[PDB]
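Note: structure shows trimetrexate engaged with Dihydrofolate reductase-thymidylate synthase.
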Amino acid sequence: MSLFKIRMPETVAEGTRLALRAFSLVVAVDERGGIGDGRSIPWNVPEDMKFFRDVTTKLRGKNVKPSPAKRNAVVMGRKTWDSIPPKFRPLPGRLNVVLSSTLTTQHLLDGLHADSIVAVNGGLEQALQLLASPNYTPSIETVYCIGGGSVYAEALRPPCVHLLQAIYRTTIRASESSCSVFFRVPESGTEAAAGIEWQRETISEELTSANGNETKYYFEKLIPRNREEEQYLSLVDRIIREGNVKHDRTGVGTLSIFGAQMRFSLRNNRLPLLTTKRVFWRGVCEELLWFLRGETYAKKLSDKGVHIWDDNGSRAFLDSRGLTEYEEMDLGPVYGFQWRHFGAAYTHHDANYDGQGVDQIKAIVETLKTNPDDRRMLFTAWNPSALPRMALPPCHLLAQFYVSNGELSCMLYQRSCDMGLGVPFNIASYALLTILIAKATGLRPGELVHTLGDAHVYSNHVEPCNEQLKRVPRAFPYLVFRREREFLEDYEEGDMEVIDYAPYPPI
Amino acid sequence: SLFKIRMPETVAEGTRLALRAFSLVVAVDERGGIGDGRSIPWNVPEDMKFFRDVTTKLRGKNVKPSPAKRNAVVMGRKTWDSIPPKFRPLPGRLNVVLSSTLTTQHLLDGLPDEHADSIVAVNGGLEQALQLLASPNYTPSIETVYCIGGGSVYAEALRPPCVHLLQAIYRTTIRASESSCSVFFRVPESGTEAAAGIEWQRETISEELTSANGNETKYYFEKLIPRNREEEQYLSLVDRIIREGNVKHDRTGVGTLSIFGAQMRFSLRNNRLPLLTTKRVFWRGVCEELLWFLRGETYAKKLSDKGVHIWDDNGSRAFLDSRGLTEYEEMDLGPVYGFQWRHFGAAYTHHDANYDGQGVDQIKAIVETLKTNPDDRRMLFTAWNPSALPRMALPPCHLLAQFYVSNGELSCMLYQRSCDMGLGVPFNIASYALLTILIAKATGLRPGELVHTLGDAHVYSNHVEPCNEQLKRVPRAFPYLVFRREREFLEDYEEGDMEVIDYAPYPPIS
Ligand SMILES: NC(=O)c1ccc[n+]([C@@H]2O[C@H](COP(=O)([O-])OP(=O)(O)OC[C@H]3O[C@@H](n4cnc5c(N)ncnc54)[C@H](OP(=O)(O)O)[C@@H]3O)[C@@H](O)[C@H]2O)c1
Ligand SMILES: NC(=O)c1ccc[n+]([C@@H]2O[C@H](COP(=O)([O-])OP(=O)(O)OC[C@H]3O[C@@H](n4cnc5c(N)ncnc54)[C@H](OP(=O)(O)O)[C@@H]3O)[C@@H](O)[C@H]2O)c1
Ligand SMILES: COc1cc(NCc2ccc3[nH+]c(N)nc(N)c3c2C)cc(OC)c1OC
Ligand SMILES: COc1cc(NCc2ccc3[nH+]c(N)nc(N)c3c2C)cc(OC)c1OC
């Protein structure tokens, strides 16, 4: 069973090669926005120094020692490197990227072992380009632009500004005509803002510096407004406020709304993994691959530590669905089976189903490659005949593809959507699918459009959801591929990496 | 056949007698005063003429008003009394008078000498008169209904239930200020409470005119209409497609501007039928095709014999041969649409074959669930059958519908993969409007909302210029569906059973 698989084309990696790596920015400014004299840093505020070292050294996971394997990177202009006393460079615990057209890597080592320094002949884009390569992605966890006026200037305009994930700004409450170089965040809806709308995530109270001068200062974290996730958050808020009380099969309460639509850009490696509550990506990834393979044995997910189908695959449940002859974890002709073997007679999971039923995924892959204007390019799992033989009816039951300007868009129709767990999971799921299918057809990812039927929140989840509603959505992470694989069905979870995923903690 | 779906015994709890659409005609001073309770305080012959012309004239070329086709005017009894006996009734118009005391026979009598069977008393308010004028007796003859008022009648016209049938307001403003006027009329402004969710807009306004009553009395006319948000919602999509859509090309190689993924909603409440006003929808065709779908039919000759030729090209000997279907006779479309609805997965042979009990009866199951367990989330029927696809004349376009109950109302979602905004879409909106209305009747719920999901929404390149002319048009109100008779079985509904009332769409764009 190898000639029934999808063969990945020669143009597979170029579809999802990361052009630039995402980065955060860290700066100190005065009330006039000045950053320095182009030579040295004017003010002396030890509390900013501590903040700066912390924001740039600390890693996502707790108590993780920075090492070549996993550490942060700081990118800086050459003049900034010079402004640091030779004794204290390179900055410990981090990878020091230096932009210069006159100083090579080895040249930087001449002045003041181990490896923590790279020079780049180019600007911030080139640095982000290099950091996008395998040797740095995903070994480097977070990239920080620690700046220099010209570097900040490059960060705050296209193409780089669209990769800018957070601003960590310290404001020093002092002023002087001694500041030549300036740093200003573009205001919402201005030309300089290039479409971005910077939100304030946090602001500190005014603190006083123990520097002998009694200087005031404060910290702010700015983030680029995530309207896509706000779509979702709005819907949840509308459901709680205006939704109808309903009760599902068990008898559990639910707040419900009917008919809705959301969009998510998949462009430039962008992955719509929700940030206001961490999504279980590993399971998302494992299940989709399990779907694509037309797999119906749930143990294959259970084995890989994904238990999302554990309850629905138990003897207890299968019996309650009258499927008394199914082996435990054999779920019947669900999802993937309909995708790859529509209308094929089902017996047991371990049977051979090669070349049986309709192979919708393959058909679509073939159509996209030859006639991209086709309006019949859609698959479905909603098979009335198969339905009683399934452990569960499909929620996400239909998807349609669309091509424009060499970009693959995809719309998913979901009949019943749990806003709490299902919806975020399925958003990522169909993102991955569209990405993979785009790879298989030599196209770029476009948009994912989500259509909802009965969109619901669980009654007891209202209290938790209300707390999440008060969180400001953060920028989405990115998906990159460690390696490609000859066939579509051969792709493993470890073949792809989600980078710069910084969700909020739970509560 | 009793493989059919048996209709319920009663009308769904909360359902209402069909109400007629009406316009309101009024003359006010600047303070908003209309009369002294007894008479009009001012003398402006130009308003008199405007009133005669607006309430008398019909839509035609030079169509003389006759008992066969004419307008009706509804008035309070006091207003009738204010019109001097020798001018009753108002010529070329059905005179409907509201009174609990006076009867038809009371009204004629009180006339000077002479006949006038153009008078009818109504023992009730404006609601009763709008019900009456919806009778199978009146809907042929009565073309437009005018509320010529009385303070009390205007009051009733401006509140629910009546205000929702108000298609336009013709107001004359007389620039006199009389401290006399004790009766008032105020058009509620958009967003205010008295507007009760209606957004009133000025369609037209005359220049200020001077009356020739020898007092230089200033006056002016204006037409006020309620905003049709839902057709606006459609048109905005069309306009967004033309401005932002990508150039694409269909199977033949024809140019289209298109966008991917959009969603529209329409209210069906009390059998409101979203037939678009800015370009006439071929209702008869919509109706015949749907009942044809519901019955599980696949023989297009059934449709073309009823003078509905939409399936003609797709049913011909030439076309069926090209799709590889050398076995089907002409007009046999294969296991399409209705077949999948009523017999999902059944092996197909020919249109004339017996298919009872075969496949899955998706509609029958949905009807069943709605009646017993309406919070269900699996109440959806699909025509998209990957196995059956190659045996069909065309793959389904509207290919999935989901039902939803809330507040004893049946809502419904329609998924359409390919959407031509000019012809295919407004047709399909009506198709699923009707369906939801029928399924509501079949399960004893009252109609709710139609949600429409569009896949590839497009406009044809050649259709771009005509669309722009249509986009300039102002949407009128949606009509209503009125079932003039009933059936024992859902399948037994003929197109003749239902009447669309007050569908007055625009003429064709050049
Ligand atoms: N307040 C703060 O937080 C903060 C932080 C950092 C810096 N500053 C102040 O900013 C001032 C310096 O900023 P400024 O830009 O003059 O210097 P800044 O950019 O660090 O450094 C500029 C240098 O980086 C290298 N470089 C930059 N862009 C390049 C490109 N496109 N291609 C090749 N090389 C490139 C070039 O050096 P080569 O020609 O030698 O190759 C360029 O001269 C100092 O005051 C610094 O202290 C303030
Ligand atoms: N400026 C304009 O455009 C304009 C137009 C028309 C009239 N008007 C003014 O309107 C003034 C009078 O109006 P207004 O409201 O007092 O009277 P309006 O209703 O014309 O006349 C009162 C009549 O309404 C009838 N009516 C209303 N609701 C009814 C119901 N539910 N059932 C039975 N009968 C019902 C009553 O009949 P019964 O009491 O017999 O039961 C009553 O006789 C006139 O003086 C005239 O000047 C102005
Ligand atoms: C503390 O170690 C040192 C660091 C630096 N770097 C300059 C400097 C200072 C504060 C800063 N604060 C923020 N928020 N962001 C920066 N990018 C930043 C930089 C870039 C300069 C030093 O010499 C003055 C030094 O030794 C004191
Ligand atoms: C139609 O002819 C007549 C009508 C009326 N009805 C009062 C009256 C006057 C102006 C009016 N103007 C408008 N815009 N709409 C009306 N409803 C209206 C009415 C209702 C009173 C008459 O006696 C003067 C008369 O004879 C001229």
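Each sequence line gets a chain letter, starting at A and going down the list. To match the PDB entry, the residue numbers of chain A are left as they are there, and the shown ones run 1-112, 121-515. Chain B is numbered as in the PDB entry; shown residues: 2-115, 121-516, in order. Atoms within a ligand are numbered from 1 in the order they appear, just like the ligands themselves. Keep in mind that the numbers below use all heavy atoms, side chains included, and drop hydrogens, waters and symmetry copies.
Taking every copy into account, the model assigns trimetrexate to ligands 3 and 4. Counting only non-hydrogen atoms, chains lying under 4.0 Å from trimetrexate (ligand 4): B.
Within 4.0 Å of trimetrexate (ligand 4) on heavy-atom distance sit the residues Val26(B), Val27(B), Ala28(B), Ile41(B), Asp48(B), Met49(B), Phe52(B), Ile84(B), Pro85(B), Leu91(B), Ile154(B), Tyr160(B).
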